[PDB]
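Here's the structure we're looking at; comments come further down.
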Amino acid sequence: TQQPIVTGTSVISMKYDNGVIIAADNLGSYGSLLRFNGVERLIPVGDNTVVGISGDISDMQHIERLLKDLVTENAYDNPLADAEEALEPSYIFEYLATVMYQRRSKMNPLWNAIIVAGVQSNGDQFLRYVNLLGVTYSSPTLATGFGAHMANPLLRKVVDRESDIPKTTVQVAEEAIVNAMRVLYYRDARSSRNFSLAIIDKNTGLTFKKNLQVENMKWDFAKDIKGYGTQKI
Amino acid sequence: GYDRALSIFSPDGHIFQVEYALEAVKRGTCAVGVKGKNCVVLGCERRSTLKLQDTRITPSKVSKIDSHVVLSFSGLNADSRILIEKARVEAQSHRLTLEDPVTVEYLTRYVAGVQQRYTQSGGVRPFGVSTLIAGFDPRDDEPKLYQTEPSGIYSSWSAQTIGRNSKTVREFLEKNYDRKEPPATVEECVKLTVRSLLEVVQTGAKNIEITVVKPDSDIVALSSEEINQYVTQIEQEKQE
Amino acid sequence: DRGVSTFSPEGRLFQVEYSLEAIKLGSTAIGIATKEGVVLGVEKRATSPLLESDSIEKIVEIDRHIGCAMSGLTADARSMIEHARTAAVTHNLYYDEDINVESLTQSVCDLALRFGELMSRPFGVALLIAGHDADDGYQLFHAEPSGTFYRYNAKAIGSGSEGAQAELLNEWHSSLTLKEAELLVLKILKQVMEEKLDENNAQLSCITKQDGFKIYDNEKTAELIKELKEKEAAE
Amino acid sequence: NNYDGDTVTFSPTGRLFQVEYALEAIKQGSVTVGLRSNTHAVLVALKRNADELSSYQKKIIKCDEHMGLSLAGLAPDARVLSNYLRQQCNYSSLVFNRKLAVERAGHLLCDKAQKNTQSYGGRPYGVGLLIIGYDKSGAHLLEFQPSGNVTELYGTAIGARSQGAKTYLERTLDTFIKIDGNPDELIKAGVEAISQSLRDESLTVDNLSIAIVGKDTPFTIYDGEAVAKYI
Amino acid sequence: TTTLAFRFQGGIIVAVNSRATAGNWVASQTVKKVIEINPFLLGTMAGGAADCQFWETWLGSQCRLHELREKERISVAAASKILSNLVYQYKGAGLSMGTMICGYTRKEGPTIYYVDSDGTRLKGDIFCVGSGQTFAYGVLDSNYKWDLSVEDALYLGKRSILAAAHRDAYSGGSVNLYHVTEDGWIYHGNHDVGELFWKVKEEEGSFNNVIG
Amino acid sequence: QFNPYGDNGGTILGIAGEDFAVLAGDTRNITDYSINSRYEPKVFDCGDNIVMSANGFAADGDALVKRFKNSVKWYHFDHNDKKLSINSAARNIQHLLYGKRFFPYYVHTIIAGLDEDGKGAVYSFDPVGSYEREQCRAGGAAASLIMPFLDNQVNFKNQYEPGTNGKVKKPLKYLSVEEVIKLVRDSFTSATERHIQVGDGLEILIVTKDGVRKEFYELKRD
Amino acid sequence: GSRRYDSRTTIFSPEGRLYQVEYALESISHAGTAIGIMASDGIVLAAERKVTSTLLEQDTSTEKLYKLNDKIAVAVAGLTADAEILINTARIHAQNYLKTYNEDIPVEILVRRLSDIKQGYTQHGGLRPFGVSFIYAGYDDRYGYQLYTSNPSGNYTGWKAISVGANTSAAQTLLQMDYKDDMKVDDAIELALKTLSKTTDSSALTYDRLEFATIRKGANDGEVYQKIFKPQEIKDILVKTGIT
Amino acid sequence: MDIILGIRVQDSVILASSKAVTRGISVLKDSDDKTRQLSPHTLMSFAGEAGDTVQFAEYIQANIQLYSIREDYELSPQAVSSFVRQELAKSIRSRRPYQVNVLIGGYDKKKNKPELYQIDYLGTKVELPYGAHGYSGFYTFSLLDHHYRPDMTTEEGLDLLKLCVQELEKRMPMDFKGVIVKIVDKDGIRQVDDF
Ligand SMILES: *[C@@](C)(CO)[C@](*)(O)[C@H](CC(C)C)NC(=O)[C@H](Cc1ccccc1)NC(=O)[C@H](CC(C)C)NC(=O)[C@H](CCc1ccccc1)NC(=O)CN1CCOCC1
Ligand SMILES: [Mg+2]
C-alpha cells in the first residue's frame, strides 16, 4: 500500500504510417506544488524503444534502473546484442507488464501508468499501455491521466481506426501531438509548458527531442472577459 | 542436521545395517504368539540372570496399544518404546478421525511403515526390534496375529515366535500347531504357548509371561501361580 | 566409506547397481500383455508353513485401470504405491479423467533417483506396472530403481527372471488370448519356483478395460492350475 | 584411484574423475547424431531396447515449439535437464514474450551442470545432449557434455561408436550445410551419418528416431511408420 | 438454495433444487447440487457454489484413496468427518458451505450427516439446508412419518422442495431426486418446477393462493 | 487505500450447437467513462480446439488465460501430447480459479469447444471456480440484458405451441451456425444500444472439428 | 567432505550391538560404585566417591547424589558433566508435569522420559551417547517406594536392590545374598555400606569417600522426606554399623 | 449450545446439558449430547462457539485416553481438569482461541469423592458444589443457593435439578428442548433416559 508523492502527469502517444510518436512534459509535481522542472519522463531503451512513464517519480526512477539493467543483462554472452538478439519493444513491455502485475498482486504496486512506444525488428509499430494494476491495452492512440480525457479525442480525429494509420504522416501526427500538449497546458493544472517528444521511425530511427515549448497560444480574448455575469467594467 | 546414509546396499545386494538389526532381535529374549479359535495368546521369555528385580514396576514385555490390541517384541528394549509410543498415538488419532478403533492389520501396517522409514532415512539406524502384534478388530471375533521386523516387512501368522532360540520353538510349533483345528479354548491355547516356551526357557518360574487377549477389548495378564499351574501340569504329562 | 551417489569407473551408480542385486534375490513376478488384457502373477514364497499366505500382498491396485506387481525388498514398494495412488487420484481431480499408464509409471520413476546426501538410498524393489488407457491401450511397464522404465509385451522379474524371460521370449505372440496368458504365467511360475506351485503360494491378477483391475481368488486360480496340468499331459 | 571418491576432489594431474566416469556413461549409451543446414536442424537417434519383448528407449525430447534435444547416457538425467530447459524456454516466453535463444539454452545447461561438479554430496549428470533449434539467428546445433562444456557445431554425434558418424559428417560438411529448404534431404544425410556407427544391426522401423526443426517447421519428432521413408 | 434429505423405513431420500443466484440475479436454473461421490455416497451443496463444488469433489478423491489403502468402502461417519475437519482448518477464512453427507454402509445402515462451514457436524434423520430450508421443513415435518412408502417418500421430498421453490425467491429451477438403499443410490430424475407446480396444483388441489 | 481490482467492462457470449460452438465478445476496453481501446481482443484460441474468455478485470483475465494456455502446454509434455478434452480443461480451470479463492480473479470465465462425442460444449465459471456445462451463457457487463433473450431464443423458454392452450412447449432443437451468429449479432447490437460499456466491435470465434474460425463485425462507437 | 571423519556413533556391529553404548558401559564400569536398596519403609542410596584427595572440599560437594524433586533422587555413575545435563532436563520435566496436572510426577514417567532421551542419542543425531548410568530412588502414591536404573542404551529396569559403576558383579552377588523383602531402612543402610566396604578398591572405607542418602516416610504423618547425608552424619552412621 | 449445568452431591456428580442445536431461525436438532467421556470416571460437558466445542472436547478426550493406555492408569478428575485448563489457557492467547466453556464432573476413586470443576474459555478453573455456564447461571445459582445441601443423595440431586430445568423452561427466552442428564459416581458414568 502506497501513496504517490512526486508525480508526473499525462503521457500521450500515437501511431503513424512509419512509426510511433510519444510525448510527456518535464514536470515533477509535489501535490499542488510544481516542484521539479527538469524531469525527463521519456526513457529510451536501445535505438528502437521509448518508455513514457507517468505517476510516482521515485517508482519511475526504479523502472529506469530496471530497463538500464535489462540492456546490460541482454548483452551478456550475446554476440548479436546489437543485431538479431537486441531488445524489442514487445520484450521490454512484457517484462514491465509482468513486474507491474506481480507488484499489484503483492499489494505493493509501482504507482505508475506506462506507455511503451517503439518499432519492432520487422518494422511493425508497437504501442501498448500498462499501469499499476497490471492492466494492459493497445490502441492507435494511447494516453495517460488527463491525456486520456483530452488528448485521445484530438488524436483519434486523426487516427480513428487501424486503417487511418497508413494515411497519417509523421508531420500530421507530430502536429496533433504538439497541439494536444498545448491543450493539456491550458486545462491540466499539474502540467508544464516545457516537454519532450520522441519519434521512433522504422526508416530514420529514434529521434529524441528535448526542451520543446508550448507555443501559439490563445490568450488575447481574456481581456474582453469582465466579471462573472452582470458586471460591465 | 545429521544426514549420513547409514542403511545402504552392499555389493552382494544386502543392507547390512538392517541385517545387523536382525542380529539384535536374535539376541533378544524369546517371544511367542499363538492364536486359537476365539483368542490370541502372547508368551514372553524373561531371562533369569536378573534376580533382585521389582516385577511390579519393571516394564512389562507385552504392551497395550489400545484396549483391543497388544504388542510384544524381541530385540532392543529402548527401541521398542519408541514404536509403542508412535503406535499408541496413531491408535488415538485413528479413533479421532475415523470414529472407529484401528484394525490389527492397520496398526501393524503403521508400525511396519515406521520401521521401514528408518531403513532409508538419512542420519538414523534401523530399529533393532521385531514385534508380534495381536488382537481383535472392532465388532469382530476372528483372532489376529501379525509379525513385523526391522526391514519393514510384515505378515500374518497362525502361530509365530521371535527372539533367541526362536528357531527351536518355531520347530516345535510347526509340528504341534494344526491349521485345520487350532486351540479350541483359552486353556488349550495358553498350554501350547507355555509348552513351546518350555522347549527353550530353562525353568517355568518367573521366566515366563503370558497375556491372553479375547474379543471386545478383553485383555488380561496371567499371574505367576496361574502360569505355574500350566508348567506343573505339562511336566507331569511329559514323564511318560 | 564412499558417497551414495558415486559413479563407478565403468559409468554406473554403485548404489543403483547394488539395488539390482537385491531385486535378483526377490521372489519371481511375471507380467504378460495381450489385446484382451494384461495378466500379472507372482510367487508368494512363504518363509514358513505357519505364515498365512493370503496376507502376502505382492500384487496391488493403484487405480481401477492400473495394477502393480513387485519383487525385491517389498517393504520399499509401500511408499511407491502410495505415491502412485495419490498421483492417479490427484490427476483425476485436476483433469476429470483417468491417467495414462505411462504418465503414472513416469511419476513413480521420478522418485527412484531422488536419493543421496531426499531419501538415503535407492529403492530395493522392482515393479511391474500393468494397466489400460484409451490412447495406448493395454500396457505393461517395468519400473526399476535406476529411474528407468521399459514397456514390455511380457516381462519376468526376480530370482528366476533370466530363465523365465527366455521362456517368455519363445511363448509370447501378438494374438495371445487372456486365458492363454493366464496359463502361461502359471506355467512359467511353476518352472522357476522352488516349491511346488499351487493356489496358496502363487497369485494371479489381471486388468481389463471392462472390469478393471482384479486380483483372482484362490478358488479361481486353483481351477486354472488344474486346467494347466491337464493341457500339458494332453500331448 | 584415491581421487575418484567424489566430484569435489582433484587428482594430482588436475583431473575430475567423477566427471570423467560420468562422461564414460555417455560412451556406453546408444548413438545419436545431430546436424544442420542454414534453414533446418536435424536430430537422428538410434534407439535401444532391453530385448525383443521390450520397447525402444525414447532418445528425443521436445523443449519448445522451436527447440529440443536428443540424449545419450542416463535417461532420467536427460529428463531433469530437458525439464529445466522447458521451464527456461517457458520463462522467456511468459516474461519477455521472447523465444529463448539456442545459445542461451546452452549457457543455462552449462551452468546447471557445473554446479553439480563443484559441490559435495551431489554428482555430475550422467548424460550427453544434442540440442537443436531455430531462433532469430537461424538454425543451431549444440553438444552438451556433463562436464559443463557446451559447443556449437554444424554437425556431431555422441554415444557408442559415434566416431564413425562424426568422421562422416566431417567429410560431408560442405555438402549437407547447403541443404537449404529441403527437410527430407537433410534427414537422409543424417540417417546416412548414423549408419556409419552401426555394427551387425541395421536401421529398422521401430529402431530409428528422427526429429527436425526449421524456418517454417516446428520441432516435431518422427517415430514408427513415419520414419519408414528413410530406410 | 433449498436442499433436504431424510431417513425412513426404506432408506434415504435426498432432494435439492437447481437455482444459483448472484444477489437478485438468477444466474442458473440447472445446477447439480448433489455430488455423486461413490455408488453408496452422496453430498448436498448449499451456500458458496465453488466452495461446495470444489471441496466435495475433493472429498470423493479422499474417499477413493481410503478404499485403495484399506480395501474397504469408507463409512459415512469417516467421510463426513474428513470434510468437517477440512472446513474447520479454514474456519474464519470465509468459506460458506452447508452440506449433507448421505449414504449407506453395512455397519452404519442408512446415515445422514449435516456438515457446515463453521465446523458443525451432526448426525440426524431429517435435515433441510439452504435459504428456503424453513419452507421445506414446514411441509416435510407436517407430512413426515417413518412408515412412509418409497413412492410417498420420494413425493414428499419433491413436494417439500417445490414448496420452498415457490415461496423462497432464491430457490427454484428444478428438483433433483435421489433414493439411497442398502444396494446404493438411485437417481429419480430432474423435475422442472415450471411444469411440476401446475401439475401438483391441479392433481393435489393445493396452492390456492395462486391464481389458477 | 490501494484497490487492486478494476472494471474493464465488456461482455461475452457462448453458444453451443450440435457439432459446433461459438464464443463471442465485444472488443471494447474501458475504465470508468473512458475508452481505452476500441479493439482489444479478449477471446482466445488456447489450443486443442478450446476457446476461452475471462471477462471483467482485464489484468486478472489475461493472467488466467495465460496460465491456462500454459497448462495446456504442460499437459502435452507430461501426457505424451494427449489432447486436452473440454471437460478436462474445465476442471483444470476450476483449480486455477479456486487456487486464488482468498484473493480471486475478478472475472467471469467461459470456454467453448467440442466434447469427446464431437458435440458442441460451453462451460461457464464464476470468479472462484464453480463451473457448469450449458447450451447458452452470457457473461460480463451486459449479461443481464443478453441472457434472458438467449433463454427465449436458444432454449425456447416461455414459448408454447400455438393453439395447444399453453400445454405443449415449443420443442427444443439445435440451431445452425448461421442462426446462432444471427442471435449473437442481435444480442450485441441490442446490448450496445442500452449499455454504455458495450460497443466498438464484435469478435466471434467459431469452433468445429475442422478448427477455429474467426468473424468480426463493427458495433456502434458511442 | 566431512564423511571422512565421522565415527558413526549410532550404528550396529555385525553381532547386533551398539558399539558406542558398549564402550560407554565400559567407561561406566571404572566409575565409583553406587548402590540402591529399596526397603518396605524407605530407600537407601549409597555411592563411593572417586579416589578422593585430602584437600578436596567434602561438605560443599556433590558428585554422586542429586535431587530431582522433593520425592525423587538419583545416584550417578559415569561422567558427572553428562549427568548434570540430564539431571537439569529431568528437573524441568518434573516441573512441567506438576504445572500441567497439579500433581507430583510419578517416578516411572520421569525415568521413562529421561531414558527416552538417552535412547535418542543411540538411534539418531550422530552424537556420542551420555556416558552415564543412573539409579533412581523415589516415591509416589501409586507404587510407593521404587528403585530404577537407566544406562546409555536408554533401557531402564526396576529393582529391589541394585548396584551401578565398578564391581557391580561382586556387589550384586553380595546384595542378592543378604537382601530380603521384609527389610527395614536401617537394615538396608547397613547392607549398602557393608557391600561397598567389601567391593571397594580402596584400602578402607571412610566417611570422606562416600555420599549417602535416604528417602523415608519418617516425616510426620503420611509424607516423604529426602535426607542427603552430611559428612558428619556419614561419619556417625559408619561408626554405628561398626565399619570404622 | 447454551445450557449446561452441574451439581455435585454426596456420592456423585450430575451433569445436565441442553439438547437443542440451533442455527439461525431453525432448531436443527433436539437430541444433541453435549458431553464426552474422558475416562471411565470422568465426564466433560461443553458449550460455546459452533465447531470449536466438539473439536476441543474430542481433542481432550483423545489426550486423556492416550494417557490411560500409556500408564495403564486413570487420571484423577483434578489432574484432568488442570490439563484441560492449561489447554484453554494456551488457547486464549493463540491466533484463534477455542471459544468453549466446560464442566468436568468426575469421581475420584482414590479419595472416594465426587468432584465438579467449572472452566470457562479463558482457562478460569473453579471447583464447585454446583456450576453452570452461560445465562443458565443467572437463574440456577440463586435457586441452588437456596435449595442445595451438601449431604444430598443422587435422587435428591435429580429433584433439585428438575427444579432448575423447570425454572429455565419458564423464564428463558429460547427453547432449549430439555436436557440430557448423566450421573458420575464410584460405578462410573450412566445416563438418565427419562427426564
Ligand atoms: C441457493 C440457490 C441460494 O442461496 C444456494 O444456497 C446456492 C448453492 C448452490 C448454487 C451450490 N448458493 C448460491 O447460489 C450462491 C449464493 C452465494 C453467492 C455469493 C456468495 C456466497 C453464496 N451463489 C454463488 O456462489 C454464485 C454462483 C454463481 C451464480 C455461479 N457465485 C457468486 O456469487 C460469485 C462468487 C461468490 C464468491 C464467493 C466467495 C468469494 C468470492 C466470490 N460472485 C460473483 O459472480 C460476483 N458478481 C456476480 C455478478 O457479476 C459480477 C460479479
Ligand atoms: Mg454503447
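Each chain gets a letter, A, B and so on, in the order its sequence line appears, and its residues count up from 1. As a textbook-style caveat: the illustration shows part of the entry, and contacts are counted within that part alone. Each ligand, and each atom within it, is numbered from 1 in the order the structure gives. Side chains are part of it too, since the values below use all heavy atoms of this structure and drop only hydrogens, waters and symmetry mates.
This structure shows the drug at ligand 1 to be carfilzomib (bound form). Ranked by contacts, the chain bound most extensively to carfilzomib (bound form) is, in UniProt, Proteasome subunit beta type-5. Chains with a heavy atom under 4.0 Å from carfilzomib (bound form): E, F. Organism of origin for chain E, per the PDB: Saccharomyces cerevisiae (strain ATCC 204508 / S288c).
Per the PDB, molecule name for chain F: Proteasome subunit beta type-6.
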